[PDB]
Student: 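One structure coming up, written as structure tokens, with questions to follow.
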Amino acid sequence: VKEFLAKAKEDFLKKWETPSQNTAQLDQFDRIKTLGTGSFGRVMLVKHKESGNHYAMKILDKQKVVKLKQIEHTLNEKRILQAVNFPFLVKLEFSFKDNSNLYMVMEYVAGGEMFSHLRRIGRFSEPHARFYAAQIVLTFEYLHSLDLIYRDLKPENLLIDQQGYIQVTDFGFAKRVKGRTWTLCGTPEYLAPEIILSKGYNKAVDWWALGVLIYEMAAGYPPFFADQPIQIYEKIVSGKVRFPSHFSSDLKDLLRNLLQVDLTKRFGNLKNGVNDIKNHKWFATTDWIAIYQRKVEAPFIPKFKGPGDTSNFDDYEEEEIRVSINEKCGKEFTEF
Amino acid sequence: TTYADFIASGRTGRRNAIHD
Ligand SMILES: O=S(=O)(c1cccc2c(O)nccc12)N1CCCNCC1
């Protein structure tokens, strides 16, 4: 582990210090279909004419990014994503920009969002959930060792690849920070009490989010849900959680430790770091090495009717890609 | 049931992030 991380960090820093840029053009691709939508732009299934390969191209309207004051978070996303490298992290193939947009070409993960499958099937069996959880556990061990904080873990941001494994996508709020940060961001249901209470936080919020995910995958619904966000935050800070009667005793224990309001006693944030999690009973049958290597059998394998298939994604209205004849927000995105 | 309440809630669809 420690040996591994050490090398991973040296590779990350080389790219972190000298990120790549303008490694493609819009015309080197064929726009096929919208795979999802965001606030600054849509993610489109695209085809690299030269290689004939399929990619998920994330488009960001520079002006909208500026209106929402997401400039730094956006630069954070491209800078971090172009430098990391882990099995369960979607890879950024190319990145470029034009008069009005920023582009990030990622690998296309046909399997679809965990969200879709999870909502449809209702809930995952504990073993099934343990499978995905294990992957998130290692992915965070990786990310955090790089001084990175993901800040937006949720079913919507996890894709299932052809082998049935997880691919974390969307680093919109990822940040490289040693020490503590204060930005209020993330998704309501998954927010740590610290964030909601504007007290300054760290990686610990990623572990609390892990608890929320595991609970949602196991129960079929979040540990804290309501109709209005404010009602949700009230539930979160109350340090009161209810578990489905079917949750195993081990599972409930692991969750009581993750959804720990007291940063002094929250798994992942103790002297034993992540090991307090890896060595937890609920993960007894989990062979961590076997997971990182993708040797373990995937409990679910989304199949596709061929390359370019988008049957695992919802349908969105198709918006044309317009590019002003005038450069927009040039100085703000110079390093992109 | 908890499940029922969730399914009848308005937050079963894709949830957006909060910038602010
Ligand atoms: O950019 S996304 O991570 C995304 C959505 C659909 C298919 C993808 C794909 O296949 N690869 C990488 C990212 C993808 N995204 C959509 C915007 C809202 N955030 C949730 C997921």
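In what follows, chains are A, B, ... by sequence order, proteins preceding strands, each numbered from 1. Counting starts at 1 for both ligands and their atoms, in listed order.
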Student: Which chain is the chief contact partner of ligand 1 here, under the naming of the PDB entry?
Tutor: cAMP-dependent protein kinase, alpha-catalytic subunit
Student: Among hydroxyfasudil, fidarestat, estradiol, which drug or drug candidate sits at ligand 1?
Tutor: hydroxyfasudil
Student: Which other chains line hydroxyfasudil with heavy atoms at under 4.0 Å?
Tutor: A, B
Student: I need the contact type for A:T37 against hydroxyfasudil. Using non-hydrogen atoms and a strict under-4.0 Å cut-off, is it side chain, backbone, both or neither?
Tutor: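 Backbone only.
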Student: So if I count the atoms of hydroxyfasudil from 1 in the order they appear, which ones are less than 4.0 Å from some heavy atom of A:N157?
Tutor: 19 (N), 20 (C), 21 (C)
Student: Distance to 0.1 Å, residue and atom name: give those for the protein heavy atom nearest to atom 10 (O) of hydroxyfasudil.
Tutor: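 It is A:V109 N, 2.9 Å.
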Student: Identify which UniProt domain of chain A accounts for most contacts with hydroxyfasudil.
Tutor: Protein kinase
Student: If hydrogens are left out, which of A:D170, A:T169, A:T187 has an atom nearest to atom 19 (N) of hydroxyfasudil, that is, the closest non-hydrogen atom?
Tutor: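 Looking at heavy atoms only, the winner is A:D170.
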Student: What protein heavy atom sits nearest atom 6 (C) of hydroxyfasudil, and how far off is it?
Tutor: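 Answer for atom 6 (C) of hydroxyfasudil: A:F313 CE2, 3.4 Å.
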Student: What are the atoms of hydroxyfasudil, with element, lying closer than 4.0 Å to any heavy atom of A:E156?
Tutor: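 Checking each atom against A:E156, I get 20 (C), 21 (C).
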Student: Under what name does the entry list chain B?
Tutor: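 The PDB entry has it as cAMP-dependent protein kinase inhibitor, alpha form.
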Student: Short list, please: which atoms of hydroxyfasudil are under 4.0 Å from a heavy atom of A:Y108?
Tutor: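 Answer, ordered by atom number: 10 (O).
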Student: Identify the protein heavy atom lying closest to atom 11 (N) of hydroxyfasudil, giving its residue, its atom name and the separation to 0.1 Å.
Tutor: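 Of every protein heavy atom, A:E107 O, 3.0 Å lies nearest to atom 11 (N) of hydroxyfasudil.
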Student: For A:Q167, which part has a heavy atom under 4.0 Å from hydroxyfasudil: side chain, backbone, both, or neither?
Tutor: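 Looking at A:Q167 and hydroxyfasudil, no heavy atom falls under 4.0 Å.
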Student: Heavy atom under 4.0 Å from hydroxyfasudil: found in A:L35's side chain, backbone, both, or neither?
Tutor: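 Both the backbone and the side chain of A:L35 come within reach of hydroxyfasudil.
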Student: What UniProt active-site residue in chain A has a heavy atom closest to any heavy atom of hydroxyfasudil, and what is that distance to 1 Å?
Tutor: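 Answer (UniProt active site, heavy atoms, 1 Å): A:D152, 6 Å.
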Student: Among all the protein's non-hydrogen atoms, which is closest to atom 8 (C) of hydroxyfasudil, and how far away is it?
Tutor: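 For atom 8 (C) of hydroxyfasudil, the nearest protein heavy atom is A:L159 CD1, 3.6 Å.
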Student: Suppose we measure from atom 1 (O) of hydroxyfasudil to each protein heavy atom; which comes out shortest, and what is that distance?
Tutor: A:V43 CG2, 2.9 Å
Student: I'm curious how hydroxyfasudil sits relative to the natural ligand site. Which residues UniProt lists as binding ATP in chain A have a heavy atom closer than 4.0 Å to it?
Tutor: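 Per UniProt, the ones with a heavy atom under 4.0 Å: A:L35, A:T37, A:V43, A:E107, A:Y108, A:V109, A:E156, A:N157.
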Student: Which residues lie close to hydroxyfasudil, i.e. with a heavy atom under 4.0 Å?
Tutor: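 Heavy atoms within 4.0 Å: A:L35, A:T37, A:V43, A:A56, A:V90, A:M106, A:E107, A:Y108, A:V109, A:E156, A:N157, A:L159, A:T169, A:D170, A:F313, B:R14.
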